[PDB]
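Residue numbers start from 1 in every chain, and the chains themselves are labelled A, B, ... in the order their sequence lines are given, proteins ahead of strands. Portion of entry displayed, and contacts counted within that portion, nowhere else.
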Amino acid sequence: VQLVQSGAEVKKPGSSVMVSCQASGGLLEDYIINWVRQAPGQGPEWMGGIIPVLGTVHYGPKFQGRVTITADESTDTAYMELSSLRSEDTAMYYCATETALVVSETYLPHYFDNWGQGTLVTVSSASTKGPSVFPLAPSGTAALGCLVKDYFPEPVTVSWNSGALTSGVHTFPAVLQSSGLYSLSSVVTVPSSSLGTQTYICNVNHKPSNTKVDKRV
Amino acid sequence: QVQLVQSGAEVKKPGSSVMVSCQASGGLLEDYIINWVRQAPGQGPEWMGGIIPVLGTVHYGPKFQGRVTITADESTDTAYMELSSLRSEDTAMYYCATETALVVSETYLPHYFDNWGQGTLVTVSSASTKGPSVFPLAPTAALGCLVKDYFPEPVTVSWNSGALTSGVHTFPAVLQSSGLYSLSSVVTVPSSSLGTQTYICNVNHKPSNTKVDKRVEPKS
Amino acid sequence: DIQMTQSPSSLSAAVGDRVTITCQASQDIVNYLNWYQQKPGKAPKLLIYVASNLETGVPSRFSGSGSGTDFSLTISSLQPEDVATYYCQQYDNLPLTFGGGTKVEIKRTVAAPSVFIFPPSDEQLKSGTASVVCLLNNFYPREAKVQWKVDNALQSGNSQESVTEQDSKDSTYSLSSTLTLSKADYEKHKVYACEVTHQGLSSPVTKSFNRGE
Amino acid sequence: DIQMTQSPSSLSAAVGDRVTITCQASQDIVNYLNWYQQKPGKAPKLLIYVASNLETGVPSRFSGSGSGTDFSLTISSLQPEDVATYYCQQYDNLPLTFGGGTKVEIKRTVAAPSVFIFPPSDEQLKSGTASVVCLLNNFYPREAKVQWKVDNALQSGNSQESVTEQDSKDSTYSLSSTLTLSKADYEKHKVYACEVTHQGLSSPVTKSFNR
Amino acid sequence: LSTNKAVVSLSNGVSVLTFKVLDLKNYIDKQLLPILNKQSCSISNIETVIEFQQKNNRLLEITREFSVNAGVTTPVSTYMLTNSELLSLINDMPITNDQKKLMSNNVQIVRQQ
Amino acid sequence: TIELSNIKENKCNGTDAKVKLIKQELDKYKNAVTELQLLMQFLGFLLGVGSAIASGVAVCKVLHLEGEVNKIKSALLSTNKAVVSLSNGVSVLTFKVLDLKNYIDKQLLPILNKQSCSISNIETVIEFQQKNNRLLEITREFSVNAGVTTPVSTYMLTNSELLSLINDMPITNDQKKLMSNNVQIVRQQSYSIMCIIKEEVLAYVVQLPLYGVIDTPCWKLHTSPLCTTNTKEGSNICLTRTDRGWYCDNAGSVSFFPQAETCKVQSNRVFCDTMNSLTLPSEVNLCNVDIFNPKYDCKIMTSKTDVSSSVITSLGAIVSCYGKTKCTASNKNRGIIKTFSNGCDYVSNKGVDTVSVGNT
Ligand SMILES: *[C@@H]1O[C@H](CO)[C@@H](O[C@@H]2O[C@H](CO)[C@@H](O[C@@H]3O[C@H](CO[C@H]4O[C@H](CO[C@H]5O[C@H](CO)[C@@H](O)[C@H](O)[C@@H]5O[C@H]5O[C@H](CO)[C@@H](O)[C@H](O)[C@@H]5O)[C@@H](O)[C@H](O[C@H]5O[C@H](CO)[C@@H](O)[C@H](O)[C@@H]5O[C@H]5O[C@H](CO)[C@@H](O)[C@H](O)[C@@H]5O)[C@@H]4O)[C@@H](O)[C@H](O[C@H]4O[C@H](CO)[C@@H](O)[C@H](O)[C@@H]4O[C@H]4O[C@H](CO)[C@@H](O)[C@H](O)[C@@H]4O[C@H]4O[C@H](CO)[C@@H](O)[C@H](O)[C@@H]4O)[C@@H]3O)[C@H](O)[C@H]2NC(C)=O)[C@H](O)[C@H]1NC(C)=O
Ligand SMILES: [Cl-]
């Protein structure tokens with residue numbers, strides 16, 4: 001069973017955000033569904049959990065009254081609402097389950113054995129803006145790549161030849177520029193003998209702004 | 001690693017009886033449940049019965065009871081199965097198969113089959129036994145031989161007395177309208193070896209006690 | 001007797017797929033159930049005994065499950081050498097019964113057949129019959145068609161075709177079709193051909209020969 | 001809340017060494033303690049539950065021990081792919097809490113960086129900005145220095161560098177530096193070079209190009 | 001043979017409820033002894049021995065009770081008749097619904113008598 | 001109290017040897033919990049009749065009152081031993097002897113759930129059988145004893161738990177010492193009364209005897225028939241003291257226990273129960289020095305039945321030998337050493353090992 005969460009997005013300070021989590025291939029009745037967030041440079045933090053088979057919900061003391069956890073058994077989607085967003089809330093929000101097949105009435109969450117991919121919610125007044133993609137043309141072993149510049153918010157993903165090139169890729173962490181936008185680089189090392197007969201294309205995906213660009217380099 | 005070695009395949013006329021033997025090599029019959037399981041063409045296997053010498057017990061299936069006798073001759077480690085009043089439905093592969101029976105209770109019954117014989121192909125038919133005639137299929141290249149007009153099954157075929165194995169294809173026998181079986185054995189071979197390497201197909205037809213070694217070559 | 005109902009009757013799955021077979025009894029047999037694997041022409045092999053115990057030396061990708069009346073055999077990562085017929089077998093009471101069998105076929109990429117034709121022997125002609133053989137060698141899928149054509153006359157119902165079982169290491173088939181005629185009618189015609197259609201060839205392949213040479 | 005104090009905060013050990021990590025709770029949590037492995041950028045993976053039980057498919061080299069208030073995580077033979085941050089987590093009572101984490105880094109032999117420079121694209125320059133990237137590829141140790149040189153004048157503070165985490169298959173680092181200027185100032189100079197100093201190279205390697 | 005509970009008519013004419021409460025014969029003959037012989041008289045699964053020790057345990061404890069009581073015990077212990085079996089016996093007895101409810105709510109007293 | 005956990009959904013399928021044992025063991029626990037819930041839905045003739053467990057049962061009724069379990073349950077939250085003030089005002093020792101809730105909720109079910117109702121470590125199933133076993137035997141005892149047992153078995157109260165009960169009871173140090181060195185007797189004089197399975201807790205009341213009279217002098221009176229020794233068969237007369245039994249000094253009077261079999265003697269200490277006693281003046285002892293004394297009317301019965309018998313005393317044997325019955329006393333090394341004449345005679349246990357009266 002795979003847990004597939006909603007996409008990353010930017011939220012204005014003071015508003016509320018809802019993250020979804022689709023349990024695929026099974027029922028929500030069979031799990032404890034927890035929500036665990038992780039701010040930049042910190043460990044994970046348990047926000048709460050729902051035990052749909054018991055009709056029980058638990059929220060961490062630090063979060064109760066501005067978090068709502070629901071489990072929609074008609075679409076096998078659990079949801080996590082977080083109201084009154086501020087700068088401390090910029091974080092990676094993880095949906096994480098524990099199998100709860102033999103349950104007691106007093107059963108509580110214990111661990112997180114199955115995780116979603118995470119939804120990076122960035123709280124900022126800045127507007128969403130897509131990136132421009134530029135080749136890094138070449139001129140032992142050689143290296144080429146493309147630069148993804150001037151996007152907000154994070155994250156951006158990138159694949160080469162639709163995922164065909166994997167050995168030797170290096171995708172760097174984004175650096176915050178003075179303009180307030182992030183930039184990031186992706187390089188790959190390749191034998192010099194295939195520079196003329198093989199084509200290398202990087203597919204950049206920035207879902208928050210709904211921009212997919214296939215640039216041939 | 002007891003080996004179960006059964007008697008040869010044979011044809012029996014309708015109405016008579018057949019005895020299949022099963023030679024246990026490496027152990028005593030007292031130590032096993034000895035079962036007989038047959039398989040008719042295109043059907044699953046069928047449990048016929050079992051004997052438990054350590055208990056002195058014999059068990060037969062309802063479908064066969066009254067025309068099957070299973071005996072265990074403990075002096076030679078040979079199991080026997082007599083099947084009387086043969087009919088066309090009885091044409092089948094008869095397998096001897098044992099179950100280890102060291103710690104045995106009374107009321108112990110056969111449960112599974114963990115070691116099998118090779119099988120004895122009994123054909124119930126009025127036709128006389130007849131050996132095959134073998135004809136070449138003269139020629140990356142392909143060659144083979146056609147094994148035509150034999151009864152009953154089975155026929156086996158090997159190339160160069162077992163030296164040539166990679167690339168041989170021996171087809172299931174097909175029944176001709178005449179009532180006799182024919183069969184083909186082909187092998188794919190590099191075209192460059194047609195002149196320096198000899199290709200012999202070794203046909204063995206035990207039911208008629210005829211084994212035929214046919215050498216093929218590219219005619220003229 | 002206790003009837004064992006096995007499902008499905010046949011299935012085709014790609015190498016590495018997860019495959020499950022079902023066995024049901026006509027009545028409760030607790031877990032007194034065995035599984036056997038039979039490759040064509042060979043004895044059955046015991047895979048599972050007492051519903052769930054794996055026989056020694058069988059790869060762990062095989063598993064047995066069930067109790068009562070419903071049983072299953074699960075293959076976690078199907079491999080080419082697993083092409084065979086599977087039988088469940090109960091022993092809760094006598095007589096011992098087997099299921100109907102589940103034929104497992106491997107689905108692989110399409111491979112075109114290599115087509116070869118063989119003229120009848122001069123020795124066979126002397127006995128008064130002539131067998132003309134056409135061979136399709138190491139192909140997939142199973143479905144192929146061979147119709148004999150004498151000169152240009154389509155031959156109907158004067159042939160018998162035989163197919164090998166799926167090869168244990170590369171999952172391909174082979175097929176021979178034999179065209180049988182009398183000596184009188186064989187020397188009556190000149191050019192013999194077998195035309196073969198299959199999903200691996202762009203245009204139908206014909207192999208022929210002339211009875212002159 | 002129950003606070004988990006994890007020690008040490010970071011450690012460096014050679015491939016094949018035996019490594020032990022500690023977690024201590026502010027109160028008794030019996031053996032109600034789990035361990036997680038988080039590699040950079042990915043969700044955590046559960047390694048140990050109820051103090052000592054190994055998750056399926058997790059290498060046998062992992063083990064967990066402890067009870068009461070003091071617990072430990074032991075790796076019997078450290079391997080390169082284990083570069084990650086590990087967290088302990090209690091569930092004796094709610095809220096579930098995590099430790100602060102322990103980052104595990106691999107100590108290996110020195111490997112020199114492969115140094116590559118890229119000029120700005122013809123497509124990018126038209127948009128009004130010029131980014132020149134210099135790359136140090138597969139080097140060790142972590143500490144490296146990239147100093148720009150435009151013509152022959154050393155440039156200070158008009159660039160930003162980003163460094164990857166330790167690569168999971170060979171335990172080397174990579175670093176890229178991006179020098180951003182306006183198009184007007186880019187066409188003011190001609191030949192651009194980046195000279196790189198590091199512990200894996202005997203002499204500083206400079207890579208350059210003509211515009 | 002087919003069920004664990006049956007009504008039998010005896011030779012003298014009285015019909016008496018019957019009840020198969022433990023089938024150790026079939027456990028040994030079809031599940032344990034076959035497992036045992038197959039793996040060269042050795043068992044590779046610790047769970048198999050415990051399952052047998054559990055099935056056998058009741059038969060052993062019944063023997064302890066008749067061995068100390070000279071074959072007549074009172075009250076009827078839970079090893080002789082488990083609570084579910086006794087509730088099934090009362091429920092299948094040819095008695096009133098007022099009687100069944102009484103016996104079923106007071107099985108502890110039904111044991112003692 | 002034993003704390004239990006409610007098991008809602010036992011959704012485990014799969015006939016796997018390791019899986020089956022936990023599922024069957026869990027059904028044992030659930031059935032035992034359910035089974036317990038269905039359970040709630042001469043001169044002896046002069047003595048009075050009491051209600052042995054009226055005191056313990058009365059405490060049990062208080063536990064059925066609203067919120068009474070929550071006081072107990074909250075007082076035993078942090079420790080296994082707390083003094084609880086009940087609604088009626090009575091202070092009662094409480095004692096959590098087995099915590100199955102936390103074991104099942106926090107240690108077993110997570111391990112069980114993790115591998116899809118499969119357990120890859122045989123040690124976890126056994127540890128559960130050990131944990132579960134005590135609750136199973138408590139249920140087993142209460143189901144054949146109709147919810148009130150005696151003696152208090154080691155399943156109801158382990159040896160160490162009972163010693164802890166004694167050390168925390170509101171009794172003398174002399175009293176604690178007495179109970180602690182004789183736990184086998186304390187059990188035998190105790191009742192265990194099953195009470196409630198409410199909230200997530202099973203509670204039973206253990207009713208322990210408190211010994212308010214210790215170390216006063218006691219004596220046992222043995223009596224036997226005394227008859228004439230006439231030669232004519234039926235010309236004989238008989239006379240027996242009936243006041244046989246135990247006597248203990250107690251609060252200026254003497255407690256008399258007619259049925260001496262209800263008293264247990266350990267070495268030189270006599271454990272008796274005052275509910276089986278009559279309260280007599282100290283002058284009852286005069287019947288031993290002068291049966292015709294004027295201060296107490298000594299009790300006797302009269303008969304014409306001159307049958308031979310023997311009464312084994314603490315230090316010897318009284319022999320009533322009449323008619324043609326052969327009565328002798330023997331040594332292990334010498335055989336018969338005394339033949340009794342007709343009348344009531346006595347032998348000490350010094351030179352004598354056996355006494356034979358008739359075929360006895
Ligand atoms: C013991 O016990 C235990 C406890 O109790 C258990 O466990 C369990 O079990 C169960 C069973 O029973 C399970 O359950 C589950 O359920 C669910 C349900 O749902 C619903 O719906 C459906 C549909 O679905 C959809 O939707 C949802 C929402 O709501 C979501 O979530 C999902 O995902 C989906 O979606 C998708 O898909 C679709 C398609 O259609 C589309 O449309 C969309 O769009 C998307 O795409 C339905 O189906 C259902 O219904 C049904 O059912 C019923 C009963 O059952 C019936 O009656 C009906 O009719 C139906 O049926 C039908 O169908 C079938 C087929 O299916 C057929 O055959 C029939 O005949 C009919 O027709 C419901 O209502 C669900 O979801 C699930 O499923 C799963 O599973 C199964 C088996 O089990 C299978 O078959 C399937 O396939 C699935 O699986 C999956 O997943 C997995 C994970 O891992 C994987 O692996 C696989 O492969 C698969 O995958 C696939 O898919 C996916 C998606 O989904 C993708 O992604 C991929 O790629 C592929 O393709 C189930 O059923 C539960 O879960 C469990 N739990 C646990 C924890 O485990 C057990 O079982 C017992 N045992 C014994 C022996 O007893
Ligand atoms: Cl409860």
Query - Chief binding partner for chains B and C by contacts (from UniProt) - result: Fusion glycoprotein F0
Query raised in the report: What drug do the PDB records list at chains B and C?
Result: MEDI8897
Query raised in the report: Which chains, by letter, have non-hydrogen atoms under 4.5 Å from some atom of MEDI8897 (chains B and C)?
Result: E, F
Query - Epitope map of MEDI8897 (chains B and C) on chain E, heavy atoms below 4.5 Å - result: E/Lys25, E/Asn26, E/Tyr27, E/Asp29, E/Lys30, E/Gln31, E/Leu33, E/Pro34, E/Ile35, E/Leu36, E/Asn37, E/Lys38, E/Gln39, E/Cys41, E/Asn45
Report task. Write out the paratope of MEDI8897 (chains B and C) toward chain E, with heavy atoms under 4.5 Å. Result -> B/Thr100, B/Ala101, B/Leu102, B/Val103, B/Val104, B/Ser105, B/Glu106, B/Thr107, B/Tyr108, B/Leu109, B/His111, B/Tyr112, B/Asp114, C/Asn31, C/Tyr32, C/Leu46, C/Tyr49, C/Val50, C/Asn53, C/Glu55, C/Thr56, C/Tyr91, C/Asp92
